[PDB]
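In what follows, a single structure is set out as structure tokens and then discussed.
Throughout, protein chains are lettered first and strands after them, A, B, ... in sequence-line order, and every chain is numbered starting at 1. Just follow the structure's listing: the first ligand is 1, and inside any ligand the first atom is 1.
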Amino acid sequence: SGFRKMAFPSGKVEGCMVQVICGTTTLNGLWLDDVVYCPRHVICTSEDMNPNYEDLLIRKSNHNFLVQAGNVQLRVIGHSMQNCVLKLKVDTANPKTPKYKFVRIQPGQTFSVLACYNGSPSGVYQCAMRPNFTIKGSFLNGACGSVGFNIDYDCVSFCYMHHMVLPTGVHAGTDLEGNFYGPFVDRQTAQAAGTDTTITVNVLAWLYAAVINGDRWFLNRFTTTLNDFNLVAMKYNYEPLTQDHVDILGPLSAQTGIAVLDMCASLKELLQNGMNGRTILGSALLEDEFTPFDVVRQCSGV
Amino acid sequence: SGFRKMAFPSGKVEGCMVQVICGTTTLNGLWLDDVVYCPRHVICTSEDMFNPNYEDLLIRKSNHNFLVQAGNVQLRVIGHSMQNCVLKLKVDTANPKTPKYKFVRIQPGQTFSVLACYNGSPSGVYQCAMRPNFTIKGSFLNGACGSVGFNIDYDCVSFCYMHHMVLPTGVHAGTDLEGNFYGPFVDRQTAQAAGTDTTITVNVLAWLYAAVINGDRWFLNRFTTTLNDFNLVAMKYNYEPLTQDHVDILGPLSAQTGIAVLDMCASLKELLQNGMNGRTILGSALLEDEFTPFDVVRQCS
Ligand SMILES: *C(=N)[C@H](C[C@@H]1CCNC1=O)NC(=O)[C@@H]1[C@@H]2[C@H](CN1C(=O)[C@@H](NC(=O)C(F)(F)F)C(C)(C)C)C2(C)C
Ligand SMILES: *C(=N)[C@H](C[C@@H]1CCNC1=O)NC(=O)[C@@H]1[C@@H]2[C@H](CN1C(=O)[C@@H](NC(=O)C(F)(F)F)C(C)(C)C)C2(C)C
Ligand SMILES: [Br-]
Ligand SMILES: [Br-]
Ligand SMILES: [Br-]
């Protein structure tokens, strides 16, 4: 009953967040086993932009880094730069390290963000990797080091670490190996995201969520082909729908008795006519940050 | 940068969630120190749907009818009492991860984070508002009862909600942690209806301030108005009346934007009487009312 933008429980990640201080710069780190992962621009100041990280790191020693888990100080015994993240080796292993893995998500996938400041968790919310490799998050100054994650069984899959905000108000970051999502660099210079698109497979998953919860006015008796659908979808800046996407919506087709191409034809008419002052799941816009798997998980058993 | 529906970190509450089994019925409980709190209808079955005599059913139940499971460790019940619609199960083991907490009764218009759980395992977290009709617009499946809503005020977890039922319109109802329902609802399967809901005016205003802080300012005009004149219009659109308390609580956001509260009221009045001009505010084509002034301040610090 009901459908909400839902984040994963953040407990397993809260126990890994620490404060990383280097000189006057403070951000968050991720403490897993005896390593703290954090954005490399912690070694910079307003002075340090060409943010030539190589030089800045060379002049640093281990005592220049203060890692704080709450009030307990963790001693740094090593420091290394892997792409855009800094790996600080510490003498103490995190006793709350969950079973984890580092994954690189694809555009269209969703994840939970634990927004932190000064190593202290502030809030949790759900995001999606946009097609242009940005995310529409909520981050303030000092938020860098906050991570995005999924919980798969008992395993925390870390997929995002926050680095910067672009002039359009969207956010950009890396995986836990320091590799940015999208064509961005961790330097304050003129950078742009690129035209974003609507995640079509997710809109369809959300329309299936609407049917499961009673909203079914947008359903029509028409059907269509994938190519005919994609021809219309291109015009409205929608991502093209693939046969993989059709198969992943199968569970929702099974739960509703509505064929995917029948839902595609219902989506086609909504795009060309609008909602006529009506709402879908209490929204006057089409929502695209629910994957089919999110919908299946949330509507399980209805 | 950006504005999202943001829940509190749920870690402190995840460590209090347990499974309560009574016969064939399984739901969630809240384990604080040596007491487990759960909805009393865990002692019922489909048979008891007609005249559910909880007093009777509970006395007919003993301690061995309750199986409490914290992960794999079973907690033995050594006492049980019924406070209104919640059951207090005395257990032999105290939760070593019990946070500093208090039980509070929230007011309509206030928000809280919900930790949705099933079989004692936390599944997801999201933010909710206590609607003016004392329902909440949540997402719960079978077995979700016992899930709790909470706020974190400094170092204290303030528990304010325990989930009990879904109403025919798809909205949800529950009690505070003292067993007293929010709204005119009872914990039995009988004909119940929520009642006409209204829009939380002070929250819409706080959300308009959040949009201005984040760059959205097309709805800003040079107009202003009075409290009474605004309320005369808002009443027509099924908006809750704005009080001077609400005007004072929007003060922090007026300070952050330099926009007087009554000027933002005049912007909302125009939005109500003219529409949103096919435009969006913070990515919404409707006015949002589930962000309190505190939620915005905390997120936009
Ligand atoms: C991490 N602590 C912050 C997070 C930012 C601050 C405001 N909200 C956020 O999401 N990240 C930064 O300050 C990074 C950091 C230097 C500059 N920077 C930026 O986000 C800047 N933006 C850009 O350079 C742009 F637009 F190109 F993306 C800033 C102008 C400060 C907003 C580094 C190393 C990239
Ligand atoms: C707790 N585990 C469930 C949660 C429900 C199930 C589906 N989604 C939810 O939020 N609560 C219940 O099953 C409660 C429980 C008996 C009946 N009930 C209901 O929610 C029923 N609704 C009503 O009686 C109504 F409409 F009046 F609110 C039901 C018909 C099963 C949906 C008790 C003791 C209230
Ligand atoms: Br939502
Ligand atoms: Br404008
Ligand atoms: Br007046």
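In this structure the chain with most contacts to ligand 2 is the one UniProt names 3C-like proteinase nsp5.
The drug at ligand 2 is nirmatrelvir (bound form). Other chains making heavy-atom contacts shorter than 4.0 Å with nirmatrelvir (bound form, ligand 2): A, B. For nirmatrelvir (bound form, ligand 2), the residues with heavy atoms nearer than 4.0 Å are A:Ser1, B:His41, B:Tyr54, B:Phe140, B:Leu141, B:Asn142, B:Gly143, B:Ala144, B:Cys145, B:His163, B:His164, B:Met165, B:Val166, B:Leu167, B:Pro168, B:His172, B:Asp187, B:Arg188, B:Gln189, B:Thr190, B:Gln192. This entry records a covalent attachment of nirmatrelvir (bound form, ligand 2) at B:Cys145 SG. Remark: nirmatrelvir (bound form, ligand 2) atoms within the under-4.0 Å shell around heavy atoms of B:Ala144 are 2 (N).
The ligand atoms of nirmatrelvir (bound form, ligand 2) that sit less than 4.0 angstrom from a heavy atom of B:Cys145 are 1 (C), 2 (N), 3 (C), 4 (C), 11 (N). Within nirmatrelvir (bound form, ligand 2), counting atoms from 1 as listed, the ones closer than 4.0 Å to a heavy atom of B:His163 are 4 (C), 9 (C), 10 (O).
Taking every non-hydrogen atom of B:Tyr54 and a distance limit under 4.0 Å, the qualifying atoms of nirmatrelvir (bound form, ligand 2) come out as 34 (C).
Nearest to nirmatrelvir (bound form, ligand 2) among the UniProt active-site residues of chain B, at a heavy-atom distance rounded to 1 Å, is B:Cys145, 2 Å.
Close N/O approach between B:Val166 and nirmatrelvir (bound form, ligand 2) is found [any backbone or side-chain N/O within under 3.5 Å]. Closest protein heavy atom to atom 29 (C) of nirmatrelvir (bound form, ligand 2): B:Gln189 OE1, 4.3 Å.
Across chain B, the UniProt domain dominating contacts with nirmatrelvir (bound form, ligand 2) is Peptidase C30.
Note that atom 22 (N) of nirmatrelvir (bound form, ligand 2) has protein non-hydrogen atoms nearby, at separations under 4.0 angstrom. According to the deposit, the organism of chain B is Severe acute respiratory syndrome coronavirus 2.
Of all the atoms in nirmatrelvir (bound form, ligand 2), the ones that sit under 4.0 Å from a non-hydrogen atom of B:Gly143 are 2 (N). Near nirmatrelvir (bound form, ligand 2) (under 4.0 Å), the structure shows no other ligands or ions.
Considering backbone and side-chain atoms alike, B:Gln192 places every N or O at 3.5 Å or more from each N or O of nirmatrelvir (bound form, ligand 2).
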